[PDB]
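Depicted below, paromomycin in association with 16S rRNA.
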Amino acid sequence: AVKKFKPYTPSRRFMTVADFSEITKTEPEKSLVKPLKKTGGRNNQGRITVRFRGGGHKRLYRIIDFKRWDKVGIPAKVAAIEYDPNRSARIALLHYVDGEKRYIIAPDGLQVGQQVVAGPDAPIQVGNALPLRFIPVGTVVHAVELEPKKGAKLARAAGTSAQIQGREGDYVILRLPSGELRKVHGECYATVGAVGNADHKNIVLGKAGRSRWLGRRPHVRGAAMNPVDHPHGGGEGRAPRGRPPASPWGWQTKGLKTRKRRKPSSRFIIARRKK
Amino acid sequence: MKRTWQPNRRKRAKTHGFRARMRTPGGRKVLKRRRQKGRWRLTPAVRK
RNA sequence: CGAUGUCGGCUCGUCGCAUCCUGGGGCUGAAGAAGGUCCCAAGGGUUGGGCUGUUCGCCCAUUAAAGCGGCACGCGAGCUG
RNA sequence: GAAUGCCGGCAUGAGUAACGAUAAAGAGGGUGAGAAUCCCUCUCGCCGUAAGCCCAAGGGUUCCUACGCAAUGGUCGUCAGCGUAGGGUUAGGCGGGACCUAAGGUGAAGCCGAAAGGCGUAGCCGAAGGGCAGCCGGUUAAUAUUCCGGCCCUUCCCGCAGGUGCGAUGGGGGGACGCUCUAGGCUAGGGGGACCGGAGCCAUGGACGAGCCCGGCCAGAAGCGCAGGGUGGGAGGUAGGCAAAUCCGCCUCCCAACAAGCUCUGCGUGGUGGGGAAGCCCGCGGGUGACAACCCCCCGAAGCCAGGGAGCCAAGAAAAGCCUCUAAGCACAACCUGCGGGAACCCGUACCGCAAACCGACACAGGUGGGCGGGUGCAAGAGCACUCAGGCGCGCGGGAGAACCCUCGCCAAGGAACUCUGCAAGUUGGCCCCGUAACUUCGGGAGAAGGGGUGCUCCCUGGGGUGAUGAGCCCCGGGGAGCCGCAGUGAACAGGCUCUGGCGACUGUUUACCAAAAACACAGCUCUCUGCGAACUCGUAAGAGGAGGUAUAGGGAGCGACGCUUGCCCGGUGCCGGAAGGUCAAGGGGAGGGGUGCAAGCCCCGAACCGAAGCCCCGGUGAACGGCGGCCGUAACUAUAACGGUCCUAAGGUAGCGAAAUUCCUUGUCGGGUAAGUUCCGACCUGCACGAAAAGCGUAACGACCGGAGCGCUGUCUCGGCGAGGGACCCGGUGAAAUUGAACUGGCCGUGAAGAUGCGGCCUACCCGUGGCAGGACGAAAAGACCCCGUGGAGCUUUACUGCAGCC
RNA sequence: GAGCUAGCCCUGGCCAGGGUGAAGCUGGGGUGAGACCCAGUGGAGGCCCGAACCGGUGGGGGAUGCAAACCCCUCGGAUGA
RNA sequence: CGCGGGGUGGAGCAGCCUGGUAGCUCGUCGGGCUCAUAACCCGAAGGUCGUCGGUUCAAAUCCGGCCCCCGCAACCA
RNA sequence: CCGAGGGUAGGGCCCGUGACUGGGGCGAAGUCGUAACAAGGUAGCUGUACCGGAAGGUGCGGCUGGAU
RNA sequence: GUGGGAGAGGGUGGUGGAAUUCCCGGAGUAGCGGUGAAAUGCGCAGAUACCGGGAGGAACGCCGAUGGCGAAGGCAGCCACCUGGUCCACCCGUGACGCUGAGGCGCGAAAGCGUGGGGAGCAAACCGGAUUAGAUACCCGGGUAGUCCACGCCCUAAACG
Ligand SMILES: NC[C@@H]1O[C@H](O[C@H]2[C@@H](O)[C@H](O[C@@H]3[C@@H](O)[C@H](N)C[C@H](N)[C@H]3O[C@H]3O[C@H](CO)[C@@H](O)[C@H](O)[C@H]3N)O[C@@H]2CO)[C@H](N)[C@@H](O)[C@@H]1O
Ligand SMILES: [Mg+2]
Ligand SMILES: [Mg+2]
Ligand SMILES: [Mg+2]
Ligand SMILES: [Mg+2]
Ligand SMILES: [Mg+2]
Ligand SMILES: [Mg+2]
Ligand SMILES: [Mg+2]
Ligand SMILES: [Mg+2]
Ligand SMILES: [Mg+2]
Ligand SMILES: [Mg+2]
Ligand SMILES: [Mg+2]
Ligand SMILES: [Mg+2]
Ligand SMILES: [Mg+2]
Ligand SMILES: [Mg+2]
Ligand SMILES: [Mg+2]
Ligand SMILES: [Mg+2]
Ligand SMILES: [Mg+2]
Ligand SMILES: [Mg+2]
Ligand SMILES: [Mg+2]
Ligand SMILES: [Mg+2]
Ligand SMILES: [Mg+2]
Ligand SMILES: [Mg+2]
Ligand SMILES: [Mg+2]
Ligand SMILES: [Mg+2]
Ligand SMILES: [Mg+2]
Ligand SMILES: [Mg+2]
Ligand SMILES: [Mg+2]
Ligand SMILES: [Mg+2]
Ligand SMILES: [Mg+2]
Ligand SMILES: [Mg+2]
Ligand SMILES: [Mg+2]
Ligand SMILES: [Mg+2]
Ligand SMILES: [Mg+2]
Ligand SMILES: [Mg+2]
Ligand SMILES: [Mg+2]
Ligand SMILES: [Mg+2]
Ligand SMILES: [Mg+2]
Ligand SMILES: [Mg+2]
Ligand SMILES: [Mg+2]
Ligand SMILES: [Mg+2]
Ligand SMILES: [Mg+2]
Ligand SMILES: [Mg+2]
Ligand SMILES: [Mg+2]
Ligand SMILES: [Mg+2]
Ligand SMILES: [Mg+2]
Ligand SMILES: [Mg+2]
Ligand SMILES: [Mg+2]
Ligand SMILES: [Mg+2]
Ligand SMILES: [Mg+2]
Ligand SMILES: [Mg+2]
Ligand SMILES: [Mg+2]
Ligand SMILES: [Mg+2]
Ligand SMILES: [Mg+2]
Ligand SMILES: [Mg+2]
Ligand SMILES: [Mg+2]
Ligand SMILES: [Mg+2]
Ligand SMILES: [Mg+2]
Ligand SMILES: [Mg+2]
Ligand SMILES: [Mg+2]
Ligand SMILES: [Mg+2]
Ligand SMILES: [Mg+2]
Ligand SMILES: [Mg+2]
Ligand SMILES: [Mg+2]
Ligand SMILES: [Mg+2]
Ligand SMILES: [Mg+2]
Ligand SMILES: [Mg+2]
Ligand SMILES: [Mg+2]
Ligand SMILES: [Mg+2]
Ligand SMILES: [Mg+2]
Ligand SMILES: [Mg+2]
Ligand SMILES: [Mg+2]
Ligand SMILES: [Mg+2]
Ligand SMILES: [Mg+2]
Ligand SMILES: [Mg+2]
Ligand SMILES: [Mg+2]
Ligand SMILES: [Mg+2]
Ligand SMILES: [Mg+2]
Ligand SMILES: [Mg+2]
Ligand SMILES: [Mg+2]
Ligand SMILES: [Mg+2]
Ligand SMILES: [Mg+2]
Ligand SMILES: [Mg+2]
Ligand SMILES: [Mg+2]
Ligand SMILES: [Mg+2]
Ligand SMILES: [Mg+2]
Ligand SMILES: [Mg+2]
Ligand SMILES: [Mg+2]
Ligand SMILES: [Mg+2]
Ligand SMILES: [Mg+2]
Ligand SMILES: [Mg+2]
Ligand SMILES: [Mg+2]
Ligand SMILES: [Mg+2]
Ligand SMILES: [Mg+2]
Ligand SMILES: [Mg+2]
Ligand SMILES: [Mg+2]
Ligand SMILES: [Mg+2]
Ligand SMILES: [Mg+2]
Ligand SMILES: [Mg+2]
Ligand SMILES: [Mg+2]
Ligand SMILES: [Mg+2]
Ligand SMILES: [Mg+2]
Ligand SMILES: [Mg+2]
Ligand SMILES: [Mg+2]
Ligand SMILES: [Mg+2]
Ligand SMILES: [Mg+2]
Ligand SMILES: [Mg+2]
Ligand SMILES: [Mg+2]
Ligand SMILES: [Mg+2]
Ligand SMILES: [Mg+2]
Ligand SMILES: [Mg+2]
Ligand SMILES: [Mg+2]
Ligand SMILES: [Mg+2]
Ligand SMILES: [Mg+2]
Ligand SMILES: [Mg+2]
Ligand SMILES: [Mg+2]
Ligand SMILES: [Mg+2]
Ligand SMILES: [Mg+2]
Ligand SMILES: [Mg+2]
Ligand SMILES: [Mg+2]
Ligand SMILES: [Mg+2]
Ligand SMILES: [Mg+2]
Ligand SMILES: [Mg+2]
Ligand SMILES: [Mg+2]
Ligand SMILES: [Mg+2]
Ligand SMILES: [Mg+2]
Ligand SMILES: [Mg+2]
Ligand SMILES: [Mg+2]
Ligand SMILES: [Mg+2]
Ligand SMILES: [Mg+2]
Ligand SMILES: [Mg+2]
Ligand SMILES: [Mg+2]
Ligand SMILES: [Mg+2]
Ligand SMILES: [Mg+2]
Ligand SMILES: [Mg+2]
Ligand SMILES: [Mg+2]
Ligand SMILES: [Mg+2]
Ligand SMILES: [Mg+2]
Ligand SMILES: [Mg+2]
Ligand SMILES: [Mg+2]
Ligand SMILES: [Mg+2]
Ligand SMILES: [Mg+2]
Ligand SMILES: [Mg+2]
Ligand SMILES: [Mg+2]
Ligand SMILES: [Mg+2]
Ligand SMILES: [Mg+2]
Ligand SMILES: [Mg+2]
Ligand SMILES: [Mg+2]
Ligand SMILES: [Mg+2]
Ligand SMILES: [Mg+2]
Ligand SMILES: [Mg+2]
Ligand SMILES: [Mg+2]
Ligand SMILES: [Mg+2]
Ligand SMILES: [Mg+2]
Ligand SMILES: [Mg+2]
Ligand SMILES: [Mg+2]
Ligand SMILES: [Mg+2]
Ligand SMILES: [Mg+2]
Ligand SMILES: [Mg+2]
Ligand SMILES: [Mg+2]
Ligand SMILES: [Mg+2]
Ligand SMILES: [Mg+2]
Ligand SMILES: [Mg+2]
Ligand SMILES: [Mg+2]
Ligand SMILES: [Mg+2]
Ligand SMILES: [Mg+2]
Ligand SMILES: [Mg+2]
Ligand SMILES: [Mg+2]
Ligand SMILES: [Mg+2]
Ligand SMILES: [Mg+2]
Ligand SMILES: [Mg+2]
Ligand SMILES: [Mg+2]
Ligand SMILES: [Mg+2]
Ligand SMILES: [Mg+2]
Ligand SMILES: [Mg+2]
Ligand SMILES: [Mg+2]
Ligand SMILES: [Mg+2]
Ligand SMILES: [Mg+2]
Ligand SMILES: [Mg+2]
Ligand SMILES: [Mg+2]
Ligand SMILES: [Mg+2]
Ligand SMILES: [Mg+2]
Ligand SMILES: [Mg+2]
Ligand SMILES: [Mg+2]
Ligand SMILES: [Mg+2]
Ligand SMILES: [Mg+2]
Ligand SMILES: [Mg+2]
Ligand SMILES: [Mg+2]
Ligand SMILES: [Mg+2]
Ligand SMILES: [Mg+2]
Ligand SMILES: [Mg+2]
Ligand SMILES: [Mg+2]
Ligand SMILES: [Mg+2]
Ligand SMILES: [Mg+2]
Ligand SMILES: [Mg+2]
Ligand SMILES: [Mg+2]
Ligand SMILES: [Mg+2]
Ligand SMILES: [Mg+2]
Ligand SMILES: [Mg+2]
Ligand SMILES: [Mg+2]
Ligand SMILES: [Mg+2]
Ligand SMILES: [Mg+2]
Ligand SMILES: [Mg+2]
Ligand SMILES: [Mg+2]
Ligand SMILES: [Mg+2]
Ligand SMILES: [Mg+2]
Ligand SMILES: [Mg+2]
Ligand SMILES: [Mg+2]
Ligand SMILES: [Mg+2]
Ligand SMILES: [Mg+2]
Ligand SMILES: [Mg+2]
Ligand SMILES: [Mg+2]
Ligand SMILES: [Mg+2]
Ligand SMILES: [Mg+2]
Ligand SMILES: [Mg+2]
Ligand SMILES: [Mg+2]
Ligand SMILES: [Mg+2]
Ligand SMILES: [Mg+2]
Ligand SMILES: [Mg+2]
């Protein structure tokens, strides 16, 4: 569910927040958090590389286990489910029987207190990680390693999920959340089930202040700029594009495929994303 | 109104200080022309 | 063009007569009253308001009459903008 | 002799403007050659969430004292932040270092770059953050949490006694955290007292009184009390915390849990140490007061207990000190506890510190971070008025009482007639109560509008807090009866309101120094890219950002809440798709030809054919770039044309709106408002030249936006008058400036490069000032910024030319 | 050269007082259970009035200025972008 | 009044590097089909090429002059 | 004190009126098409949605009040 | 009440096959498709037709009926869970507890609306081809919402026996 508000102020009229029903623990684990380096779009040269970033709320980076193969066979218990501000997903605090506490992305349906286990001997039930060759075909997964032993790189946002469409040799075929069919190796790990907090996209921010709280600075339109700042700028009065819609650096932004054609990953991608 | 000069001895010594000119190659040339010219102040006078 | 500040308004006037009024007249298709036209005459006077940046113009209510122009389309080392 | 030349000097304006907040001065005495200006006393005024006090930054001897006034002081000067000299800054506890880490900087390893140099996990540097042991008084002309007095405390070393497996840069715990609201108990602070202490006072009609005036505390170790914070104890297993671990984490069981115990902090008491007024005397302090009293009640913090609690989402630093664990190593050591003795370094310490000492060239009406910031009255409050403590009267004065200007007060009758415009100035104003419309997204509109009350006295009465359940004190009320004045938030501080249209939804942001808007931004909608060593961006690279993110994510673009919707054209351009074909460079291939040599050879051309991207070509694509016609005829009055013909296109504007922020003709025409309306509003539509995300049409709420109207009220106006203060004016002191070819500088009619003080002819005019007004000197100012010229420059654009980065 | 200014990172601080009264919670009604309604509590908000503080709307003054951006009256925000 | 484009049968358009041919559609008229109209089928007629000059053996065509019609331009002050 | 009434301010209902606009009713012989009645020449009607000079058409679902 | 019976009655979660379309490979060539007749269209860039593989969505042939169920709307592969209604027998229990029902509350085909997904086929609007005097239609070739799911609205009908 998504919590709404009465229109007591103009911003509270459309502003919506999450239900936060799955969160059981308020503060995070002290042995797993570390500070987050706020950049504000600035690189090591001190220049803005990514425009309009900064001014967000202070955050602490929660160390998330994106491997799960450090502890193969050792079961864990979902001690609590907390909120991570560095992502859209909610996290699950895991107390292993070995004694080590860890954090993973909380999948949808993961209840507090149940037991999860990673490895090829693990059963097929939400929260368990297995290599892609042992997960049955047709089941939805997440936290998928793209290449073996490199960490979870796929299906990490809230409400996302990938489905095994088949196997072919040493690799498996996967429908990514973009609808792309890709051939990923079978030894790559993946946690079964879809990611929780599926109502994340239904959050209306309500006002400009909420974007500034998240770190989203105001985006300036190129038409509102001048010719030295953008190609769309200029023209006495409001004016249309007058050229194909381009970025401030010159490249067009309406249809230009910027993917390198000679990339070696093209040999493993079956179908490009659609819709 | 607020003028351009709001002194700070910390800023004075870390911007135009002797160690600041000696780190950068352009600042070592500043000290070369300044010794060659014969200036009595090679860097601005700051106290602490 | 090593600068002559540009419309209109306000304030301040001054002049010209090709006279709006007032005065003196001739003719009349001038009975009277009131007009039309022309001649003499610049001494004084020539309202308030609605619209518009407006000059002008239209309109309202009056008036003896609500004149036309010149003065760097008078007047920003007087003002407004 | 000129270059708005350069450097210097001195003129002119001119004894002119000004003398830097309109907070305000007067008299007496003294010093001195000299006094409106220095010192003293008295009176008056001004600040008092400061114009008072402390701290930080900055400044760097301006501090204190003595002798001085050439210059600095917008005047004067015996004075001074000025000149000369001397003195003055005392720390184990305050701040910084010998402790820690943040951003960032540096940087063994390592990586990169013609060179210079650029990166870089560790480590180190880095503070107003973490950690850390002193409070009260006295003293000096000047320093004091620093010296002195009193009472406390910390670290290090050594010794002694007891205890323990002691031991680290390593493991773990802790440090360790947001925003808003807030409980209980204290404290700071404040108010009152019929009580305590005190020098005195009874005035001018009254009062010897529960009279007036003044004061009634500070700090304080261990104890003790109160209020809070932190924390479970044991046993067994243990594969994790990069070795070890008895610690931590995980599992099981037992003991008990709104407690208790232990520990820590605050507050009160606390041995004891201080302080102590008004007034009066001696002259900016001292003595006395005084053997000073040193109690009781109430209010009560935003501060303390504190690392409290609760709620919310935007999810809220690190590391060391500190405790524990064990490792080498050592267990004659080492660590802890207690006691005693010794040791305890470097730097800062004056003074200004919302300002005459900082930043603004000035002793400049500007700018400057933190803490304290009393009382009374106004609903509260840091607002406002007066006023404690404390500090000032702003470093030119004295006169006069012209025009004019600034600032302010008032006005008959009218009431916007003023004017681009109610611009400005009025009106309204706070609180309590009654009451409140269209419309609405049901919150709003709304402080709608409009209206009544408000002071004082007396009587009766309700509730709460502190006390105790009562008095007393404090807070919030209710009713009745009266009194006064023109008027009761009696002064000061406080919305004028409504109807209606345009634009933008809104709060916001913006041209620092002419524009705050309708522009920008915004949540929200859509398109497009991107599968992660992502796209994109910065960089030669390395490396970063993106992101320690993973398509519910990230980049780019346009539109901009919301409601109803966003129609047709893919011919051109862009993009996307296309194993064909055409063209296509290097290269491959080498039919054939050439140069030379006696020759083998050596050398140079070189056709067919193979041969990528791109372009051509075929499709697709509009919330991609964009575009969405012309003529003629037709209805049984006329008029118009639902209908038709024809030409062209890639297709000919759909809905909705329309003389509009768009309408040239135009003040279109009609209606409404007005006595009158080039504006406004509602319609009509022959839309010069609206139109559907450079969005179209609406839309509650919002707006220092822009129009139009009405009520209220007014010096805006008819139409101006009077009064106040600061200048102007006069006198004393100081005393500029831009400007200036020289000047002995009238008017008119002419003339002259065509607008004459200077020429001509007339007319007029004794010489020289002061206050004023501005028509002229084509007045001053700025080598016109509009215009053109220059084969001048620069920003910008693109299917201009050429090249580069980039990508293929 | 970022001691002015523009943005961002790190660590701190500041925002008197008053008003409106969202969710949630409690109680009652309602139902088959609900939705929902009312009362109380509660104290949310790019909420309101209003200082400090940050601005700079309109007008007046200032124009060799107190000031190379100021002063007076008035005005915007002031728990948040 | 400055540039560009066009005036051709009753209507709308071609024919113009092109000198010598005037063509397409609708309409009109005559005959069919039908009871009758319309549609359709068959067969016809229909043009001073805006006007006046000039060039030429020959002007709708090429070149001028006016007469209309349409579309742009009318800028810095 | 009450008090007819008068004044001020804001509401509610009703009536009359208004440039213009929307559909409607009616009025022998105007115009365009031919939707329905026969399988009315695409079976009809219907609710809804979109479009079109106009009857109407089309999509989805329903009905027979549809012949062979 | 006991003991049984039929059924597409409803909701949830799974799952099977045929067929259409699209992709990839094989093989193959001069047309396919479509109509009353054609044309647009697709097709030497290798289509149709054929074989094999894969993805995705929707609907369930035969059974199937003149059938069944539900109050209506409506409900059809299959499996399972949750669940409503109805009928028969026994004659066991309560002992009129009944019938209807203004309001109210609930359900309510299709189309439509909001948020999000999904979109194979079909298909308003739209475009093209033909028919026609015209054809904003019938016919054809494309084609977007929609059709499908979850949740929330809408509450109409020839909701008819
Ligand atoms: N009956 C009122 C409405 O009439 C409409 O029709 C109205 C018009 O459409 C209709 O016009 C008709 C026309 O259809 C028909 N083809 C030709 C006829 N001459 C006209 O007739 C009309 O006009 C003429 C004069 O002009 C009058 O004399 C006559 O009464 C009138 N009916 O006449 C009606 C007015 O009388 C609709 N048919 C109908 O739905 C509706 O009921
Ligand atoms: Mg949920
Ligand atoms: Mg709600
Ligand atoms: Mg709103
Ligand atoms: Mg936290
Ligand atoms: Mg940590
Ligand atoms: Mg760095
Ligand atoms: Mg750098
Ligand atoms: Mg940024
Ligand atoms: Mg994290
Ligand atoms: Mg934003
Ligand atoms: Mg954040
Ligand atoms: Mg934007
Ligand atoms: Mg611009
Ligand atoms: Mg730039
Ligand atoms: Mg550009
Ligand atoms: Mg542009
Ligand atoms: Mg452009
Ligand atoms: Mg401009
Ligand atoms: Mg324009
Ligand atoms: Mg522009
Ligand atoms: Mg554009
Ligand atoms: Mg480009
Ligand atoms: Mg300053
Ligand atoms: Mg300077
Ligand atoms: Mg400093
Ligand atoms: Mg020297
Ligand atoms: Mg000139
Ligand atoms: Mg000159
Ligand atoms: Mg006037
Ligand atoms: Mg005059
Ligand atoms: Mg005369
Ligand atoms: Mg006369
Ligand atoms: Mg007569
Ligand atoms: Mg006269
Ligand atoms: Mg005269
Ligand atoms: Mg006259
Ligand atoms: Mg006028
Ligand atoms: Mg006007
Ligand atoms: Mg005019
Ligand atoms: Mg002139
Ligand atoms: Mg003239
Ligand atoms: Mg003229
Ligand atoms: Mg003039
Ligand atoms: Mg003048
Ligand atoms: Mg002027
Ligand atoms: Mg003027
Ligand atoms: Mg002049
Ligand atoms: Mg102007
Ligand atoms: Mg103006
Ligand atoms: Mg010379
Ligand atoms: Mg000279
Ligand atoms: Mg002079
Ligand atoms: Mg004088
Ligand atoms: Mg003078
Ligand atoms: Mg003077
Ligand atoms: Mg003077
Ligand atoms: Mg002074
Ligand atoms: Mg004296
Ligand atoms: Mg003497
Ligand atoms: Mg002071
Ligand atoms: Mg100085
Ligand atoms: Mg000195
Ligand atoms: Mg001194
Ligand atoms: Mg002196
Ligand atoms: Mg002197
Ligand atoms: Mg002097
Ligand atoms: Mg001075
Ligand atoms: Mg002397
Ligand atoms: Mg001195
Ligand atoms: Mg000491
Ligand atoms: Mg220290
Ligand atoms: Mg040492
Ligand atoms: Mg360090
Ligand atoms: Mg470096
Ligand atoms: Mg350093
Ligand atoms: Mg510190
Ligand atoms: Mg500190
Ligand atoms: Mg210390
Ligand atoms: Mg003392
Ligand atoms: Mg000391
Ligand atoms: Mg002291
Ligand atoms: Mg011990
Ligand atoms: Mg030990
Ligand atoms: Mg340790
Ligand atoms: Mg933390
Ligand atoms: Mg937070
Ligand atoms: Mg006290
Ligand atoms: Mg008090
Ligand atoms: Mg007291
Ligand atoms: Mg007496
Ligand atoms: Mg271990
Ligand atoms: Mg104590
Ligand atoms: Mg004393
Ligand atoms: Mg004594
Ligand atoms: Mg505070
Ligand atoms: Mg807490
Ligand atoms: Mg919050
Ligand atoms: Mg760190
Ligand atoms: Mg360290
Ligand atoms: Mg040392
Ligand atoms: Mg000191
Ligand atoms: Mg001080
Ligand atoms: Mg201060
Ligand atoms: Mg001072
Ligand atoms: Mg001064
Ligand atoms: Mg100075
Ligand atoms: Mg000053
Ligand atoms: Mg400031
Ligand atoms: Mg300040
Ligand atoms: Mg009072
Ligand atoms: Mg008050
Ligand atoms: Mg206070
Ligand atoms: Mg005050
Ligand atoms: Mg005072
Ligand atoms: Mg005083
Ligand atoms: Mg008056
Ligand atoms: Mg009046
Ligand atoms: Mg107006
Ligand atoms: Mg005003
Ligand atoms: Mg009204
Ligand atoms: Mg209300
Ligand atoms: Mg009121
Ligand atoms: Mg009184
Ligand atoms: Mg109390
Ligand atoms: Mg006052
Ligand atoms: Mg007031
Ligand atoms: Mg107010
Ligand atoms: Mg308008
Ligand atoms: Mg706005
Ligand atoms: Mg907006
Ligand atoms: Mg702003
Ligand atoms: Mg500005
Ligand atoms: Mg400037
Ligand atoms: Mg504004
Ligand atoms: Mg401004
Ligand atoms: Mg704009
Ligand atoms: Mg956004
Ligand atoms: Mg939108
Ligand atoms: Mg770059
Ligand atoms: Mg990162
Ligand atoms: Mg990190
Ligand atoms: Mg826009
Ligand atoms: Mg469109
Ligand atoms: Mg449409
Ligand atoms: Mg259309
Ligand atoms: Mg069309
Ligand atoms: Mg196109
Ligand atoms: Mg195209
Ligand atoms: Mg195309
Ligand atoms: Mg071929
Ligand atoms: Mg070759
Ligand atoms: Mg090629
Ligand atoms: Mg085009
Ligand atoms: Mg006719
Ligand atoms: Mg119009
Ligand atoms: Mg008009
Ligand atoms: Mg007009
Ligand atoms: Mg006009
Ligand atoms: Mg009409
Ligand atoms: Mg119309
Ligand atoms: Mg137009
Ligand atoms: Mg558009
Ligand atoms: Mg717009
Ligand atoms: Mg628009
Ligand atoms: Mg509009
Ligand atoms: Mg609405
Ligand atoms: Mg505004
Ligand atoms: Mg605003
Ligand atoms: Mg006046
Ligand atoms: Mg007076
Ligand atoms: Mg005066
Ligand atoms: Mg005088
Ligand atoms: Mg004078
Ligand atoms: Mg003379
Ligand atoms: Mg002449
Ligand atoms: Mg002359
Ligand atoms: Mg002479
Ligand atoms: Mg002469
Ligand atoms: Mg003059
Ligand atoms: Mg001049
Ligand atoms: Mg020049
Ligand atoms: Mg300029
Ligand atoms: Mg030019
Ligand atoms: Mg030029
Ligand atoms: Mg040239
Ligand atoms: Mg030349
Ligand atoms: Mg040039
Ligand atoms: Mg600089
Ligand atoms: Mg800065
Ligand atoms: Mg609140
Ligand atoms: Mg607010
Ligand atoms: Mg303060
Ligand atoms: Mg201002
Ligand atoms: Mg100025
Ligand atoms: Mg204000
Ligand atoms: Mg406010
Ligand atoms: Mg015939
Ligand atoms: Mg017959
Ligand atoms: Mg016929
Ligand atoms: Mg120009
Ligand atoms: Mg121009
Ligand atoms: Mg009455
Ligand atoms: Mg039909
Ligand atoms: Mg029919
Ligand atoms: Mg039919
Ligand atoms: Mg239509
Ligand atoms: Mg259709
Ligand atoms: Mg039915
Ligand atoms: Mg029938
Ligand atoms: Mg698909
Ligand atoms: Mg069957
Ligand atoms: Mg029986
Ligand atoms: Mg329904
Ligand atoms: Mg449906
Ligand atoms: Mg056709
Ligand atoms: Mg289809
Ligand atoms: Mg659609
Ligand atoms: Mg039926």
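Below, read A as the first sequence line, B as the second, and so on, with proteins coming before strands; counting in each chain starts at 1. Both backbone and side-chain heavy atoms feed into the values below; hydrogens, waters and symmetry mates do not. First listed ligand is number 1; within each ligand, the first listed atom is number 1. Contacts are counted only within the shown part of the entry, which is not the complete deposit. According to its header, this structure was worked out by X-ray crystallography, 3.1 Å.
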**Prompt:** Which of the ligands or chains here are copies of paromomycin?
**Reply:** ligand 1
**Request:** Using a heavy-atom cut-off of 4.0 Å, list the other chains contacting paromomycin.
**Result:** G
**Request:** Identify the binding-site residues of paromomycin using a heavy-atom cut-off of 4.0 Å.
**Result:** G:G25, G:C26, G:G27, G:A28, G:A29, G:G30, G:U31
**RNA chain G organism per PDB** = Thermus thermophilus HB8
